[PDB]
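Peroxisome proliferator-activated receptor gamma, liganded with rosiglitazone.
Numbers in chain A track the PDB entry; the residues on display, in order, are 207-264, 275-474. These values consider heavy atoms only, across backbone and side chains, with no hydrogens, waters or symmetry-generated copies. Atoms within a ligand are numbered from 1 in the order they appear, just like the ligands themselves.
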Amino acid sequence: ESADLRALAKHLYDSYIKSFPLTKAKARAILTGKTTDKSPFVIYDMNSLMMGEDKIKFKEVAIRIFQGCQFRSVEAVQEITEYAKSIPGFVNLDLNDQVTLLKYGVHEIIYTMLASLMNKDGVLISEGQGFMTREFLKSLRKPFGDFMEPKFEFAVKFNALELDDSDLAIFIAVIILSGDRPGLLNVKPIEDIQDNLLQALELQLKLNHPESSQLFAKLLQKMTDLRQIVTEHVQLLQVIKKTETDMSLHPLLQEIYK
Ligand SMILES: CN(CCOc1ccc(C[C@@H]2SC(=O)NC2=O)cc1)c1ccccn1
Ligand SMILES: CCCCCCCC/C=C/CCCCCCCC(=O)O
């Protein structure tokens, strides 16, 4: 019954709000000019970068920026982990599979929600207090200058779908519930959950976006864009492990990366 699916949608939305302090609706109001939120400080060069610390509370610069993304992904992983536990049935699955769904789901989710913080020209940072331009990121030196560009490219295409947070909450849950992750022990109870999430997503997109033809199909097709984003990024991490042997990846992050 649709009623059961609407209640699942409400539930997931509610946990989403509770686990992610910076929603897309807040990101959007910061990026456009609404009076509900306050304007960010903009970092577009190395000198405004240094003024960013005397205003916002935040070793060559490209490295230090990179340590900033590191720290933020660790935080996102913590938030995603908190959100996963709220998805009905997730905590009743085998503990090894729970680790496995998170291990592979977490980055596809990060890049999905990172799109919420992006327009074609840059990305919100520091809980929306800052805005780091796309071009300042693309001008970083040799290995670092091109770690964000693919994420911007995805976000521009993904943001065209015009999903709002109640859409994303269900979509994020579908991602984490992927029974095709390598090494899963009991694929079948995972798929039963994902099939219920997919029904909830489908209904949600139909009621929330009644005029957007086949949005459901186009949203799932976006799942291959995420997969390729993850693969390019880990090959880029393997370059930096060797060219800066003096730099430390956060242990939560290197465990996710196998
Ligand atoms: C560009 N931003 C926003 C965060 O944007 C992100 C970019 C990449 C990732 C994936 C990380 S990157 C890494 O080192 N390993 C991962 O899993 C996660 C977030 C900055 C920049 C400076 C300070 C704070 N925020
Ligand atoms: C969901 C995608 C994960 C990345 C969100 C983007 C965060 C930008 C950089 C943040 C610096 C990390 C310190 C805490 C600030 C949270 C930032 C934010 O959510 O805007």
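- Counting repeats, the structure shows rosiglitazone at ligand 1.
- Residue contacts with rosiglitazone include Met364, since one of its heavy atoms falls under 4.0 Å from the ligand.
- For rosiglitazone, the polar-atom distance check finds an N/O of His323 within less than 3.5 Å of one of the ligand's N/O atoms.
- Counting residues of chain A in contact with rosiglitazone, the top UniProt domain is NR LBD.
- Contacts with rosiglitazone closer than 4.0 Å are made by no heavy atom of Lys367, backbone or side chain.
- The shortest N/O to N/O separation between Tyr327 and rosiglitazone does not fall below 3.5 Å.
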